[PDB]
Amino acid sequence: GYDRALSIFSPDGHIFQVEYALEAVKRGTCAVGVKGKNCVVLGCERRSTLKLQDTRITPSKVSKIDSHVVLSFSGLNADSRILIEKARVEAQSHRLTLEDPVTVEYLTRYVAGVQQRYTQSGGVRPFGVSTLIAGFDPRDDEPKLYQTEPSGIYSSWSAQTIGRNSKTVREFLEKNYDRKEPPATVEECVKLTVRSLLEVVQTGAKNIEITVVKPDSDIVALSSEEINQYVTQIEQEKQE
Amino acid sequence: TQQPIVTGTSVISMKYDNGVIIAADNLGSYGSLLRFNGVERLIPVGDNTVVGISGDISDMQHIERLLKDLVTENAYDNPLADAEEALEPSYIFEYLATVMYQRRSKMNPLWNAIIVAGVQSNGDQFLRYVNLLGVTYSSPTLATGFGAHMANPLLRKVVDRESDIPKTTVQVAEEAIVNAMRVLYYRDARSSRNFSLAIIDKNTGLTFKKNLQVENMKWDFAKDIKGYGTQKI
Amino acid sequence: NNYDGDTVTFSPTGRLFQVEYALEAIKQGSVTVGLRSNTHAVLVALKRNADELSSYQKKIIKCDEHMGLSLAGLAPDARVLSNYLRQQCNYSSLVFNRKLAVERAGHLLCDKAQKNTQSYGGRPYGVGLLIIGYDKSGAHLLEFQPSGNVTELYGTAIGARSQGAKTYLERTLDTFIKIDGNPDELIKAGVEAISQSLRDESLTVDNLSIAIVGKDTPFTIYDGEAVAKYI
Amino acid sequence: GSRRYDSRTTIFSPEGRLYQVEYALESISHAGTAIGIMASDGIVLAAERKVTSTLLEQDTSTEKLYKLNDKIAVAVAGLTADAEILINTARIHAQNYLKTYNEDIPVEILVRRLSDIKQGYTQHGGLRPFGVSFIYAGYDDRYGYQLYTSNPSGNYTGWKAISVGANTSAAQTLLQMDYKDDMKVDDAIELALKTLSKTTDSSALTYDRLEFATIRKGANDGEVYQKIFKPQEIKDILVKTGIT
Amino acid sequence: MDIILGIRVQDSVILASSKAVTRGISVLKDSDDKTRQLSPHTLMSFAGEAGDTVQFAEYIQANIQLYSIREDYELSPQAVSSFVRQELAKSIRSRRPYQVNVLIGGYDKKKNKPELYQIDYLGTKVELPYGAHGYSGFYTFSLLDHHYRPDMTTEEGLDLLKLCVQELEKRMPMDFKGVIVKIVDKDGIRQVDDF
Amino acid sequence: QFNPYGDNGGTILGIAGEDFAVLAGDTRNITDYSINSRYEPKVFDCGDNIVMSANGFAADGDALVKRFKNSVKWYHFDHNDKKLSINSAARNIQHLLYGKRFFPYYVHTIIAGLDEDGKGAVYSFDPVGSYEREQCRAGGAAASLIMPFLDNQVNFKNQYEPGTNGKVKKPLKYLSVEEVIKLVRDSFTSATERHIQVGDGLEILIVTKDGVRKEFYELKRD
Amino acid sequence: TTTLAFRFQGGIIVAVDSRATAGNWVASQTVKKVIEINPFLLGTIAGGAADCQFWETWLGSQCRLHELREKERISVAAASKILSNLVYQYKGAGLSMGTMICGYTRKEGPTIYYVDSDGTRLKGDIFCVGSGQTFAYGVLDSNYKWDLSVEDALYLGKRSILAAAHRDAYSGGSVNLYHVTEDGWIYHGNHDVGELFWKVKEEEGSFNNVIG
Amino acid sequence: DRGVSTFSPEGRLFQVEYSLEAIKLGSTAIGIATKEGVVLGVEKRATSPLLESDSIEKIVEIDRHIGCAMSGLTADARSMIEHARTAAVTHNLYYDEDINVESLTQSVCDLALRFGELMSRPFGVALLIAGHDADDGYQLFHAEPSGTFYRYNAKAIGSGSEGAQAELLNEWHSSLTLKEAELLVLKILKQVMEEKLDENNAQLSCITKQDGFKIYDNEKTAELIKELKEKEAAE
Ligand SMILES: *[C@@](C)(CO)[C@](*)(O)[C@H](CC(C)C)NC(=O)[C@H](Cc1ccccc1)NC(=O)[C@H](CC(C)C)NC(=O)[C@H](CCc1ccccc1)NC(=O)CN1CCOCC1
């Protein structure tokens, strides 16, 4: 078997392969997560250099891991499929042995553990992917939003963004998001998410994807027209 | 799982004041057929140990090779191989006892009963038994097979407990062994008249006696025995 | 230079640089001394600390009731090798009912260290060991080096500034060899020997480490207030 | 040891790119152009053979277009030998699904699994990636007619019309211009050939330098038919559209 | 584990499964649900060796649920039954086979038709209008041969099912403590609480 | 067909006092109707004030004792010469025995010593590792003869206070080392009389805070 | 063995005997057949002594590792299923185990799970396990109501074991009582059958078959 | 390139020495041992204000009598903690007793050098392992990726380690109370931390014989921070 230690330390105390995997994430399309009072919303950028696409069949950016948890990402698309598959299997395996679906923290911890294992295993390179994992624990109404990254570290966020120009949209969220009073309704949370993506995206046509997750396995993806209504409303209020 | 084919019968032994005696006949039986008559079942290891083996002869020959190889291995990188770091009876025994139990534990035993007789470096007598099951025990007298049933009773009349060992000379002890070998020739259907005897003494060392024969037998009274009850002729 | 990338490469003059670099790790290690008479064998070790708040790194390891060693260099490598010695001593007891000879103990360590110097991927051990013991041929003292070379000696010392203690023992050879049936005097000679390798620092109560084995003495280690006698 | 000679095929650049994947894509960009166009009532696959020789046996040849099962086909761009390794795997995977579920494999599932194999060669194993880009054209009863593409990175995406291989930049612009959603197969056939005719590096587009295929519902009542075009059939369709 | 029945009617599939769990000379439980929901429109009842039954049912359930998440799509009853058969077909030539017999009742949303599949532990699959495993069949098959009609309603199917349970309660040696009945149709799976 | 097990006979006995504990066992070793040895010890000092005996099939008994003795050795190496407590030793032995659940050691094991409060302790094990601390336990061939006698004399079972109409039980109390050795010797002489596999000699190991003492007594050799 | 545990208004009662046998030989009268897994979980054991003890002792380690990893006490369902999945792996190898995992959690409430060595796992309100289970069932079922008081429930559990201890030759020694509430398990003492039988006979007026 | 398990000319393993540099970049962690208990405290260091700081788990339970604080590439610690927890529980299963803090530390440190060409690189994280046992009492260990561990009366690791260690040198004495030790960790953390110390960006914990290992609440730590400020202003 191929044994080579690809991820190793450098004189200055860095693991370059892990850090170069972050650069791949930085290249990826932007993804944003915002959690409200009774919901979480996952926004995702889709680059508009690709026309003549078939949006019916093209892999969606947001993936369901179980009926109550979702996972979006930024970075290498092919790499993300491997993590999603592993997470989906672990989700079913957990239901089988514990007789209870995974918590959002547990699922995140698992995915993060897989990412870490690839940073000190021989013959493999790190995943060029950072994820945003969101959902609601079983029989719980408190919204959950977590982030992972190639190194394997993970943490919880009131709101967070990853991918290209994420430092711009993070700057937007940092002043617009209030900890003491988060988005009270679904509309308020979605609007803030769309607003934040409009700082970076370009046009609010078929570039923005929105997915809303609510308690008790209530997940739904918004259509073009539904998203476009938020874009139209925000731009009219902007001109002031 | 085995079955023994070519087999060796009783091995008998005892302690005396200065050392140990061990004996075994020179027969290799093939069931009821007394097939081989030149078989040596006492195997010396160095000049201070004799391993007496009963049971399957193919497995005995394997054990011979192991002991032969053990001497070779001990000599490697060992300047004191013929002195302080020479092979002791206790070392040789424990090795065999380890093998016997490992083989029974893999359900593929060496089909034997073994008696390791010798004298230690400090002058102490060594005499211990081990068999196909890995079972081990020591006693002033030890015997295998029919020996256990017929020899031990006779040898225990000489050395019944530990305190009788210093009181027993090599002359008395050898006489009891040779007597026991005669009784076994009378009564064991898979025994032979010819046998080998080994004495390991702390003073005079190893004395290995070959081509001995059972003698001074009582058969004359047979002529007077007629029929099985009534018959007078 | 170009021939020190791994252990599998010889230099043009016939040297193994990775083995020599492993040897260098021993010289950085704290000093330890070994010496014997005809009845007893003694290990004296100067323990090292990270700072005043830290403990003092333990240098002496027990292998059996009749054998043990002191280390100098990479401590984890000494743990691997001492563990191997424990198993080999233990194998000799269970299988042959026989206490392992100190000479065979050295031969086994040599052969284990050697395999690491001839194969790709692995590395040499980065530690030197002083093995003492009492077997059927009396008291013994061995010096192990991770090149594989094992040497039986009357006395020796390895580590930083070990040349001072090694010169002392070379002068004292005729005196300490005849310290028979006297443990405390043989230790004193060892404590005086290691003192020739000291600079600025002196031997304190939680700094000094002593071990002894002999005729009617199992391998025992002395630390703390138990070594206050010899200061 | 052997470390000295290791190219390290599965590592990141400082910029966060996979060297070998990028260089494999550079290889594919010199391969003969392949075009896929999806219509409302069928799919078209068109591909240009790599600089044909006059003594090449054209009728009993297969370089670009391969059949995976009765409902799914692929157009190849890159190393043919590499493609055939992947094609046989894809053919086997389709039969495993049919054996297990007694149903023909959904197009995306086949595409995903094949793309997952390519991904594996970029993350572990220390081997070079497959220098191949596919255009998958197929049908199932869930999504109907579908076009996909995969590349050495193991990333796949869906398309209404797409090109791979050489001159994709020029080819994609022309497709984007003339394509529309209510298009028919016969119109899509014409678009595919016109696009190759303009993007080709050759002097003039001829029958002997082309492979062509369609996936219609043109069979009798609610069933799909795969048509791998013969040399004479390509000759006729080339005259019918007014290219020769 | 003993009695499991199945009846496919016009617009639904009805599964009846006994509630008794017996070991030795003791009925340990009389409210046992011998079924698992594989998907929203597919239900599998099971009966056989202790331990094996639930272990197998849940393993299948896990696999089908994994498929549903991966593809965001519900497998057809025909596809599920074929997957289950293959698992049992592998099992029979294993070191220790699953000794489990199953009925798979499902509603195909694409065809708008109910479907009942009977699979034994050997991996022997058959699509049927009515099915049973174990000794139950020796009474119920002949009874259904007589009374069953293909165009029956769900209510008519439940009366037909009551007729089977009555006969079993009359002639079966063991007390199986009644049945849990479940209906599978276009609207999914639901349980009849009063039977 | 090859049978890997055998019966080497013999019988063992453990009794716990207030500040001491004894582990006794006859010295006879047998196979079928033959005596193999009149003095073959099977009660062993294993270190850390723990005495042990594994009666039954001697080869498995010796193997187990040998392995536990080795377990004690490695416990010292791995945990800074810490003393192995009797309760810890018992649990360790369970894992040794159950480790061969599907090819068991055919032995009844008993260990004795002092608990961490300094009080006498006796533990007993079945062949596959189930264990229990008790004041009293006999094991081996003549266990069925000795054990009920111990219930009566050590734990005062079925004994009531005279004149109390069988209403007040005889109060439990610890026995002296002198009284315990009397019960051991009487148990073994009684067992020797009525069991053929028991006799030759009796070896008792007594465990106090001071250490491990031995005592030997002759038994009938028939 | 005889062991039982039933669910009621005031939580869970758990009761077991203490005998251990090797054939007809009474090996012990003081065996502990309730394993204390944690302050909120109990496990009953019946069948092969070593199998039960070894694997439920092992179960406690797995439950401990759960709460270290998940920062939360393991559910009764998850605990029972760890054990049932374990014994299922050994199915056919000859393990003999009849166990009941009893405990309380917030999400579940009081819960009892029957688990045995041939892989059966059942949730339920009443279970009796062991060689004398039928004798316990007879007394327990005929006197059981959901609205029993804590005092009456404790006695019924004790009395059911006593009934089995009397009739079943392979059950006896003493009765160990436990009560499981929302606050955790509470031990309710060891009751020697030697004294308990006569005490129950006199006070209750039952056991008229026996010579008084 | 070059081998993973290569020695430098000075006699050190390159990869082990480079992993130590990674640990210096990590957030500060401090441990102080007393006769009344051992205290562990860490700098959380949230990379952004939107990050929910309570999800930063840099103090961790191994058993009821052993706790752990980390510094460096904290993702690498997960498998080290997993091993420690298994080692602790497994020993309790085999020997029916709590496991010695030193023996636990040794078990963790055995993983350290199990790398080469086993895992591909050393761990990029240092651990402070604090605990209590009957034999050696309250203990604090510093476990490195070199496979070496030192016992400490007090120890600081991370970015402000050398500055904090010098401060601990002066402040530590053998008669420290638990309350005094708690305040001393907070005091030294506030000195070396970049951002201003409060209950949200710093965390305290302890291990006592009676109550075992406990991570303090944000309400409890807040009062200790307020008590600390008042005592410094009082002279
Ligand atoms: C009631 C009391 C009886 O069924 C309970 O079910 C109890 C459960 C309690 C103890 C947890 N069950 C037993 O007491 C159980 C019955 C049993 C026996 C054998 C197999 C399954 C169940 N008894 C035992 O487990 C005893 C306990 C000892 C005596 C403390 N153990 C044995 O019988 C052992 C081990 C049996 C065994 C099982 C699996 C593999 C190998 C062996 N056997 C012996 O001690 C043999 N022995 C040799 C000569 O002396 C007589 C006994």
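Just so we're on the same page: letters track the sequence lines, and every chain starts at 1. Start at 1 and go down the list; that is how both ligands and their atoms are numbered. A restricted portion of the entry is shown here, and the contact count covers that portion and nothing more. Heavy-atom basis, side chains included; hydrogens, waters and symmetry copies ignored.
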Student: What does the PDB call the drug placed at ligand 1?
Tutor: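 That would be carfilzomib (bound form).
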Student: Quick one: what's carfilzomib (bound form) bound to in this structure? I mean the chain with the most contacts, named like the PDB entry names it.
Tutor: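 Most heavy-atom pairs under 4.5 Å are with Proteasome subunit beta type-5.
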Student: Can you list the other chains with a non-hydrogen atom under 4.0 Å from carfilzomib (bound form)?
Tutor: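 Counting heavy atoms only, the chains are F, G.
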Student: Which nucleotides or residues of neighbouring chains are within 4.0 Å of carfilzomib (bound form) (non-hydrogen atoms)?
Tutor: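 With non-hydrogen atoms counted, the site is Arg101(F), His108(F), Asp126(F), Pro127(F), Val128(F), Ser130(F), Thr1(G), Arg19(G), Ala20(G), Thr21(G), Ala22(G), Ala27(G), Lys33(G), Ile45(G), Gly47(G), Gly48(G), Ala49(G), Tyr170(G).
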Student: Which name did the deposit record for chain F?
Tutor: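 According to the entry, Proteasome subunit beta type-6.
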Student: What's the entry got as the organism for chain G?
Tutor: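 The PDB gives the source of chain G as Saccharomyces cerevisiae.
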Student: Identify the covalent link of carfilzomib (bound form) to a chain by residue and atom.
Tutor: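 Covalent bond target: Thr1(G) OG1.
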Student: Of the residues in chain G that UniProt says bind bortezomib, which have any non-hydrogen atom under 4.0 Å from carfilzomib (bound form)?
Tutor: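 Within heavy-atom range of carfilzomib (bound form), the UniProt set gives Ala49(G).
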Student: Mind telling me the UniProt active-site residue of chain G nearest carfilzomib (bound form), with the non-hydrogen distance to 1 Å?
Tutor: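 Rounded to 1 Å on heavy atoms, the nearest UniProt active-site residue is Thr1(G), 1 Å.
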